[PDB]
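Depicted below, saquinavir in association with HIV-1 Protease.
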Number of protein chains: 2
Amino acid sequence: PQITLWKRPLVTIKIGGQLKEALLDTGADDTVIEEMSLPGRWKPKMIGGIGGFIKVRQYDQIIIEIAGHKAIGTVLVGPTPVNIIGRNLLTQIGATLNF
Amino acid sequence: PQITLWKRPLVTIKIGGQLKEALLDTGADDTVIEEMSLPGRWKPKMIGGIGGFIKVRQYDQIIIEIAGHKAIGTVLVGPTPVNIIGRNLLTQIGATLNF
Ligand SMILES: CC(C)(C)NC(=O)[C@@H]1C[C@@H]2CCCC[C@@H]2CN1C[C@@H](O)[C@H](Cc1ccccc1)NC(=O)[C@H](CC(N)=O)NC(=O)c1ccc2ccccc2n1
Ligand SMILES: [Cl-]
């Protein structure tokens, strides 16, 4: 599978039993999802990007499916305008940047 | 070359005749470089990310070298925390995401 970048590399994910669209993002350390109820324990975190920081809820050991690939890892929930799959999960689904 | 994502995908770039380090970022539509003196005509623009928008200088038709590959395109210059190479130039150097 190879994804060119003339458009946003959006894929379908399954998280908390719901389908969402998310951006495959090699520039993001972390995976950040829009506000949603997720069951289970979490802890407060702040994460930064181009316009500054947002508060998120950090959930560890979340089961997620990304474009058909299974993953288990940390998901941050908070007011991102776009759902983002960052390197912590891109490494699990085997993504590489070929240039 | 193929980049795994266990670490940040940082590469050397050449802009304005100066070497810098920048992040290869499939989640960014645009290329944003830290404040620097750069010759060329520009115009103001807002660009956004997590945390909101920042004001930048939009330079069109800038010659940039990214990991040894020459590209020409729009560069935004402003108070970004990190230099980022986004899809407008990743496509020009032929970068793909594979998995
Ligand atoms: C998600 C998080 C874990 C916080 N990581 C990061 O944000 C790190 C931070 C690094 C240090 C500072 C400079 C940016 C780098 C790159 N990144 C990721 C990097 O990939 C980040 C991910 C992202 C995408 C969409 C919207 C928000 C955020 N992209 C961006 O910050 C780019 C900047 C640009 N080109 O205009 N934003 C966008 O391309 C973009 C697209 C759609 C939008 C819709 C509404 C509002 C904003 C929107 N921004
Ligand atoms: Cl919900």
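Proteins come first, then strands; the chains are lettered A, B, ... in the order of their sequence lines, and each starts at number 1. The analysis underlying the following values was restricted to heavy atoms, covering all of them including side chains, and did not include hydrogens, waters or symmetry mates. Atoms within each ligand, like the ligands themselves, are counted from 1 in listed order.
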Saquinavir - positions in model: ligand 1
Chains under 4.0 Å from saquinavir (ligand 1) (heavy-atom): A, B
Please identify which atoms of saquinavir (ligand 1) are closer than 4.0 Å to at least one heavy atom of B/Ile50. 1 (C), 4 (C), 27 (C), 28 (C)
Less than 4.0 Å is my threshold; does some heavy atom of A/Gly48 fall inside it relative to saquinavir (ligand 1)? yes
Compute the shortest N/O to N/O distance between B/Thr80 and saquinavir (ligand 1) and return yes if it is under 3.5 Å, no if not. no
Element-labelled atoms of saquinavir (ligand 1) that are located less than 4.0 Å from some non-hydrogen atom of B/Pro81: 12 (C), 13 (C)
Please could you name the atoms of saquinavir (ligand 1) that A/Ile84 approaches to less than 4.0 Å, counting only its heavy atoms? 1 (C), 22 (C), 23 (C), 28 (C)
Near A/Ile47, which atoms of saquinavir (ligand 1) are under 4.0 Å from a heavy atom of that residue? 4 (C)
Has saquinavir (ligand 1) got any nitrogen or oxygen that is less than 3.5 angstrom from a nitrogen or oxygen of A/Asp29? no
Given that the side chain starts at C-beta and the backbone is N, CA, C, O, which of these parts of B/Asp25 lies under 4.0 Å from saquinavir (ligand 1), counting heavy atoms, or is it both or neither? side chain
Enumerate the atoms of saquinavir (ligand 1) whose separation from the nearest heavy atom of B/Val82 is less than 4.0 angstrom. 11 (C)
Heavy atoms only, cut-off 4.0 Å: how does B/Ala28 contact saquinavir (ligand 1), side chain, backbone, both, or neither? both
Proximal atoms of saquinavir (ligand 1) relative to A/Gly27 (non-hydrogen, under 4.0 Å): 8 (C), 16 (C), 17 (N), 18 (C)
Examine the proximity of saquinavir (ligand 1) to B/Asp30 and report which part, side chain or backbone, both or neither, has a heavy atom under 4.0 Å away. both
Which residues form the binding site of saquinavir (ligand 1) (heavy atoms under 4.0 Å)? A/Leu23, A/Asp25, A/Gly27, A/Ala28, A/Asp30, A/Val32, A/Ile47, A/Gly48, A/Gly49, A/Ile50, A/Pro81, A/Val82, A/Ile84, B/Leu23, B/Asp25, B/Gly27, B/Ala28, B/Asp29, B/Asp30, B/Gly48, B/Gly49, B/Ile50, B/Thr80, B/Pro81, B/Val82, B/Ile84
